[PDB]
A.B. asks: 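A structure from the PDB, with sildenafil included.
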Amino acid sequence: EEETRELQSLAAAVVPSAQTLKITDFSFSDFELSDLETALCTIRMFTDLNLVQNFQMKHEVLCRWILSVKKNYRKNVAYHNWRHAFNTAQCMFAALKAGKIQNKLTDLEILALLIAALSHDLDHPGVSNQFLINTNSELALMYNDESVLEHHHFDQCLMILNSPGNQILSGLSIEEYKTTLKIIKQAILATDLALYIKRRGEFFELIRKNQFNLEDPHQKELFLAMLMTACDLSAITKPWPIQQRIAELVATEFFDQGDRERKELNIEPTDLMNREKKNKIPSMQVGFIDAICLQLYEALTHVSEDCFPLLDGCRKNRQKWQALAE
Ligand SMILES: CCCc1nn(C)c2c(=O)[nH]c(-c3cc(S(=O)(=O)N4CCN(C)CC4)ccc3OCC)nc12
Ligand SMILES: [Mg+2]
Ligand SMILES: [Zn+2]
């Protein structure tokens, strides 16, 4: 049996310190790590955020839950796979520790954010919401064309949290368990960039006016949404060699969607989805940075100056892509 053999390699392995694993570093790369090592790093994130302790999680159950999450990503999808989820969670961990956000949030909020980060792209098919709408997918029918993928990832998140031996939330009060599932749903839906674009203006306005206040529950929920997007997009902040490699993965997934469009829908893909247009990736990345990323990382740095490395890396990669676009 291959599954029991993975569980045993994992629950008996020593979990190295966060310092040894480099998971506190905003610049962290997963590329040299084995699958088992990514699982050990995940355990370390739950432990050093005091979640295992504060929520009385049994080791074996956390181990089983992590391996269930990992297995429920599609390995053949080029970008939206377990490594992206793992890296998103790692960025969350770095933001909370190095970025000093941990002290601004409750243990219950942190718990939800970490589970949401790990689960937020579960079972991603490697095509966009717009593709799912255009093909009349059963998912888009179930969810009325609204954040289709994200509703699906949340469904998958609940399926895993409820599977026998994977119940990492069992130590909570019933009221706190319900509140936590609601925060997880909000966090996963927030990763729909359509919702990011709708909500960002309010966030930026509060910061511009010098009025942002995390003690206000509405502003706190807005912040959690923004933080999820910041972690989700964080490959754009990484050291140049890592960003170049990840950008190639993103483009591979987009081009594969375009190939499906050309055959299943008989349409001409747009340049973003057309492999013929690979030479345009530098200009497309500069556009992505300018339209979406820069202002988000600027805004996050206002909330915590210790998150500056994310902004710094984003700006460095903009220069690198712009030089290739010329
Ligand atoms: C859903 C994927 C979001 C995303 N994550 N990361 C790390 C990237 C990235 O590096 N690039 C792009 C990207 C965005 C645009 S875009 O801003 O123009 N954009 C197209 C996609 N939609 C959904 C939003 C707008 C164009 C090209 C891109 O990648 C080329 C490798 N998207 C993401
Ligand atoms: Mg997603
Ligand atoms: Zn994602």
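Just so you know, residue 1 is the first one in the sequence shown, and it goes up from there. Just the heavy atoms: all of them, side chains too, but no hydrogens, waters or symmetry mates, feed the values below. Counting convention: from 1, in listed order, for ligands and their atoms alike.
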A.B. asks: Which parts of this structure should be attributed to sildenafil?
C.D. replies: ligand 1
A.B. asks: Give the name, as used in UniProt, of the chain with the most heavy-atom contacts to sildenafil.
C.D. replies: cGMP-specific 3',5'-cyclic phosphodiesterase
A.B. asks: Who's the nearest protein heavy-atom neighbour of atom 33 (C) of sildenafil, and how far?
C.D. replies: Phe288 CZ, 3.5 Å
A.B. asks: For sildenafil, which atoms, with element, lie under 4.0 Å from some heavy atom of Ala247?
C.D. replies: 31 (C)
A.B. asks: Can you tell me the protein heavy atom closest to atom 18 (O) of sildenafil and the distance?
C.D. replies: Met284 O, 4.8 Å
A.B. asks: May I ask you to list the atoms of sildenafil that are less than 4.0 angstrom from any heavy atom of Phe254?
C.D. replies: 13 (C), 28 (C), 29 (O)
A.B. asks: Measuring to protein heavy atoms, does anything land under 4.0 Å from atom 24 (C) of sildenafil?
C.D. replies: no
A.B. asks: Determine, using UniProt domain annotation, which domain of chain A makes most contacts with sildenafil.
C.D. replies: PDEase
A.B. asks: Considering heavy atoms of the protein only, find what lies nearest to atom 7 (C) of sildenafil and give residue, atom and distance to 0.1 Å.
C.D. replies: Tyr79 OH, 3.4 Å
A.B. asks: I'd like to check which sildenafil atoms, numbered from 1 as shown, lie under 4.0 Å from a non-hydrogen atom of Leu272.
C.D. replies: 20 (C), 21 (C), 26 (C), 27 (C)
A.B. asks: Protein heavy-atom contact under 4.0 Å for atom 11 (N) of sildenafil?
C.D. replies: yes
A.B. asks: State whether any protein heavy atom lies less than 4.0 Å from atom 29 (O) of sildenafil.
C.D. replies: yes
A.B. asks: So for sildenafil, is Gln285 a polar contact partner (N or O within less than 3.5 Å, distance only)?
C.D. replies: yes
